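Here is a PDB entry that includes avibactam (bound form).
Naming convention: chains lettered A, B, ... in sequence-line order (proteins, then strands); numbering from 1 in each chain. Values below: every heavy atom of this structure, side chains too, minus hydrogens, waters and symmetry copies. Quick check of the header: X-ray crystallography, 2.5 Å. Counting starts at 1 for both ligands and their atoms, in listed order.
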Amino acid sequence: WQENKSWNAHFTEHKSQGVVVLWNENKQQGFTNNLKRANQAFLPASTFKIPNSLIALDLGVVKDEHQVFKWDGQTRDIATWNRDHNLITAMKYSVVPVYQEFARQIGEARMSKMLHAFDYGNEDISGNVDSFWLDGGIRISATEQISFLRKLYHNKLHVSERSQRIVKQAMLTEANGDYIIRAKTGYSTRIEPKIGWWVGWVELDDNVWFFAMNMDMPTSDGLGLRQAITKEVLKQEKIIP
Amino acid sequence: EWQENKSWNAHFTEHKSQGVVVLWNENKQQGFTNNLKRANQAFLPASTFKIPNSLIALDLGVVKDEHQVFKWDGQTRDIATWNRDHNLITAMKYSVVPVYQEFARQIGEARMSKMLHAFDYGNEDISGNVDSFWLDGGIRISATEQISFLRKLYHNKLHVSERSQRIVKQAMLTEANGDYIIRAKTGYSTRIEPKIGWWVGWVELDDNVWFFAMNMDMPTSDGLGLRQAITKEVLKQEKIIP
Ligand SMILES: *C(=O)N1C[C@H](NOS(=O)(=O)O)CC[C@H]1C(N)=O
Ligand SMILES: *C(=O)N1C[C@H](NOS(=O)(=O)O)CC[C@H]1C(N)=O
């Protein structure tokens, strides 16, 4: 591990506070601007769709990435939620109601088991079975996110290979002739401190770079900064052109 | 049901080129092309053959997974990116012929033939060298047949394991953003006339999938970038991508 305080400038520049954590898989070395915050545990929020998807698939609650989840007919704040979805589009548009339903069908007991098996964060499910990742007892740090993601990448989680491959497909965010990004965004709004998350990895020809960032987010105005700042660090470290 | 629409020829004309683009709307089950006749003309698949080759290699265990390393044989070749170690992902990306030759040798004539017949792939003919028949042998496929093949792949309906099909689709990943995902493979038939360039694959949207297959005359390697550029001009035109 290495602290690299120079990255703070990217935060400073956007009048922001937070942490970016980076792991070099070939060299097994981590890098971060803030070793203390990198180990600070927060609510996972919508980053919880990763393990939730995994569990739903492995238990057959979700058959596959094509299965349609019908809108319940209730209009909500985010327009893209008000329509039918599959796993691919539910992940992309971060469709809460679909993931709530997954969680209800999974159930308290099986959800607890799976998180303990995943070694995920503090493994605590206290709260509502369908919102505990948003305002219940579960907490995870950036470094623990990486550790989780590394298992997922290598297909080493205690779920089927197939489930893991489907989720990684659903995490696809960006790809071109230089890199592939698989990742998931999040915004913890109910409990202070309000924070934005971006976690995932960058795939290169020769290596893989895992990432996990969070940043203070008092309003939804700054959301774009999750990606923008992470990329500024990736460019700096010459991981992406 | 197919529709000809000759307006797309302009995109070829504008780059002082000849060829065909074929499009298939999966939701509507309708095809579109600028040239119905060329769309059904069969050509050597060349490097587009890496799709079914990858599939077969995986399904038989010749390739364990997308991470398995294929060591460079130490012979320096024309294309610099081939002169290094590769996995399935990078071998597909940089279209590394020697790796795919080795796969083919290990697969063998008999198993390769059975699999292609089972895939209903092109004319199903393997005549020629077991490791180059897709480049100078007897195998031939049309753009429409490419689509029909790709459609089976997309729906996991080929006669190989689900896992193999998923891995290959992953390896076909070319481009992705917030508007579309493109999974595809390029090709350049150089040994036998007519020299042609290929691009085949599909465009994934939130709500639909658009399959594509194009080929175009390619007397020199100068025009290679036009495979993608022209295809995208049609896709823009039809408002499939922005
Ligand atoms: C997830 O954290 N949420 C669902 C949705 N996600 O958008 S995000 O992934 O860009 O963060 C809106 C924010 C959040 C929520 N309030 O439930
Ligand atoms: C494949 O058709 N080939 C291998 C490599 N691929 O290039 S391409 O995919 O961009 O078309 C070079 C061309 C061709 C060959 N010479 O064998």
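The chain with the most heavy-atom contacts to avibactam (bound form, ligand 2) in this structure is named in the PDB entry as Beta-lactamase.
Heavy-atom contacts below 4.0 Å between avibactam (bound form, ligand 2) and other chains occur for B.
Per UniProt, the active-site residue of chain B closest to avibactam (bound form, ligand 2) (non-hydrogen atoms, rounded to 1 Å) is B:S47, 1 Å. With respect to atom 4 (C) of avibactam (bound form, ligand 2), the closest heavy atom belonging to the protein is B:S47 OG, 2.7 Å.
The atoms of avibactam (bound form, ligand 2) that sit less than 4.0 Å from any heavy atom of B:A46 are 2 (O).
Set against the non-hydrogen atoms of B:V97, the atoms of avibactam (bound form, ligand 2) under 4.0 Å away are 4 (C), 17 (O). What the model shows is a covalent bond from avibactam (bound form, ligand 2) to B:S47 OG.
Counting only non-hydrogen atoms, the residues of chain B annotated by UniProt as beta-lactam-binding that lie closer than 4.0 Å to avibactam (bound form, ligand 2) amount to B:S47, B:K50, B:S95, B:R227. Neither the backbone nor the side chain of B:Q228 has any atom closer than 4.0 Å to an atom of avibactam (bound form, ligand 2) (non-hydrogen atoms only). The shortest N or O to N or O distance between B:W82 and avibactam (bound form, ligand 2) is not below 3.5 Å. In this structure, atom 15 (C) of avibactam (bound form, ligand 2) lies nearest to the protein heavy atom B:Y188 O, 3.9 Å. Among all non-hydrogen protein atoms, the one lying nearest atom 16 (N) of avibactam (bound form, ligand 2) is B:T190 OG1, 4.0 Å. Considering backbone and side-chain atoms alike, B:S95 places an N or O below 3.5 Å from some N or O of avibactam (bound form, ligand 2). Any N or O atom pair closer than 3.5 Å counts here, and B:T48 shares no such pair with avibactam (bound form, ligand 2). Considering only non-hydrogen protein atoms, atom 11 (O) of avibactam (bound form, ligand 2) sits nearest to B:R227 NH1, 2.6 Å. Heavy-atom contacts of B:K185 reach the following atoms of avibactam (bound form, ligand 2): 9 (O) (cutoff under 4.0 Å).
Among protein heavy atoms, the minimum distance from atom 8 (S) of avibactam (bound form, ligand 2) is reached at B:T186 OG1, 3.4 Å.
In this structure, the binding site of avibactam (bound form, ligand 2) at 4.0 Å (heavy atoms) is formed by B:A46, B:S47, B:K50, B:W82, B:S95, B:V97, B:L135, B:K185, B:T186, B:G187, B:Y188, B:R227.
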